[PDB]
Enquirer: 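One structure coming up, written as C-alpha cells, with questions to follow.
Protein chains get the first letters and strands the later ones, always in sequence-line order, with residue 1 at the start of each. All values below come from the heavy atoms of this structure, side chains included, with hydrogens, waters and symmetry mates left out. Counting starts at 1 for both ligands and their atoms, following the listed order.
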Amino acid sequence: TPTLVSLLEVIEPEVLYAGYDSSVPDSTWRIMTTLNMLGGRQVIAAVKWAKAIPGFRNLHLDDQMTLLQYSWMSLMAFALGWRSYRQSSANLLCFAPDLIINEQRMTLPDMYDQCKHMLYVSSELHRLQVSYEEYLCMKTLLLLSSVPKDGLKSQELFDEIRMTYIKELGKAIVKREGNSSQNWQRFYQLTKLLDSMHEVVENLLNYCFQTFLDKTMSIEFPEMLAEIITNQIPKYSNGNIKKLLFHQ
Amino acid sequence: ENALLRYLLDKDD
Ligand SMILES: C[C@@H]1C[C@H]2[C@@H]3CCC4=CC(=O)C=C[C@]4(C)[C@@]3(F)[C@@H](O)C[C@]2(C)[C@@]1(O)C(=O)CO
C-alpha cells in the first residue's frame, strides 16, 4: 500500500522556467511582469496538482474552485520558499532556474520591500530545518487554510480531509526521531509557520491587488491570475473569508 | 464568472 505523503510526492509538479533573457538588463517592472506570466502557468499547474490530492475531487466542484481561489498565493509563496531554501543557504529567491533574485538584484528600486515577505518563508524553512515530507503535508494544508464565512457545500467532508492531512503532518514529524515533548514543539513550530502564511499572503496580495487594479502601472496579469483576482478582490471587502488557524 | 478555472477542473487531467 502507498502512504499518503508518497502520493503527494508523485504529484509534485515539474519546475517551470521564467523565460527570462538575462542578456537584457533588469528592471523592477520587467521582473514583476515576467513573474506574473510565470505565476499564471504555475497556478494552472496547481489546478492539475489539486485534482490529484487524495480526497480533493470528492468536494463539491464549487468548493474545489473556492479553495484554489483563496489559497493560490499561499501555495505560490510556500513553493517559492521551498525552492529558495533548497537552492542555497543565502538570502535568494529562486522564482525559476532562469530567474534567481540574489542580494545584487534586490538593490533594484522597490524590489526589497516586496521580496522580504517571500524571503520570510525560506528563512523559516531554513531555521526550522523543514523536511521534504513535512513540506508536502504543509503545502496540502495551505490549500485548505481558508473557507467562506458560511463554509463549504461539503464542509463535513472537508473537515475530514483536513484532519487526515493534519495527522499526515504529525506522522512526518514523528519520522524525525524525535519523541515526545520535542515532537509537540515541532508540531507547534510548523503549525505556527502555517498560521503566519495568512500574514505573508496579506502582504503579497496588497501588492498583487494594487498592481492589478491600477492600469496606469502597465503591469500585465495572464487570464488565470486576472480571473482569480477579479473574483477574490470583493471577497476581501465583504468579509467572505474565514482564515483557519491552529493557534488562537 | 471563473471560466478558465472551471474549465481546468472539469477537463480531463
Ligand atoms: C509582490 C507580489 C507577489 C508576487 C507573487 C508571489 C508568489 C509567486 C511565486 C512564483 O514563483 C511566481 C509568481 C508569483 C505568483 C509572484 F511572484 C508573481 O505573480 C508577482 C507578484 C504577484 C507580485 O510581485 C506583484 O504584485 C507583481 O505585480
Enquirer: Find the chain with the greatest contact count to ligand 1 and give its name in UniProt.
Expert: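 It is most in contact with Glucocorticoid receptor.
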Enquirer: Indicate which of dexamethasone, finasteride, tamibarotene, artesunate is present at ligand 1.
Expert: dexamethasone
Enquirer: If you measure heavy-atom distances to dexamethasone, which other chains fall under 4.0 Å?
Expert: A
Enquirer: Which option out of A:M76, A:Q114, A:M73 puts a heavy atom nearest to atom 4 (C) of dexamethasone?
Expert: A:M73
Enquirer: Would you say A:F212 contacts dexamethasone, with heavy atoms under 4.0 Å as the rule?
Expert: no
Enquirer: According to the PDB, which organism is the source of chain A?
Expert: Homo sapiens
Enquirer: If you map the residues of chain A that touch dexamethasone onto UniProt domains, which domain gets most of them?
Expert: NR LBD
Enquirer: Under 4.0 Å, heavy-atom basis, I'd like to know which part of A:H117 is in contact with dexamethasone: side chain, backbone, both or neither.
Expert: neither
Enquirer: Any nitrogen or oxygen of A:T211, side chain or backbone, less than 3.5 Å from one on dexamethasone?
Expert: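 Such a contact does occur with dexamethasone.
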Enquirer: Any nitrogen or oxygen of A:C208, main chain or side chain, under 3.5 Å from a nitrogen or oxygen of dexamethasone?
Expert: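 Yes, since at least one N or O of A:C208 sits under 3.5 Å from an N or O of dexamethasone.
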Enquirer: So which of A:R83, A:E220, A:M111 gets nearest to atom 11 (O) of dexamethasone, if we judge by its closest heavy atom?
Expert: A:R83
Enquirer: At a 4.0 Å heavy-atom threshold, which residues contact dexamethasone?
Expert: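 Using heavy atoms under 4.0 Å, it comprises A:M32, A:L35, A:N36, A:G39, A:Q42, A:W72, A:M73, A:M76, A:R83, A:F95, A:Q114, A:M118, A:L204, A:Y207, A:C208, A:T211, A:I219, A:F221.
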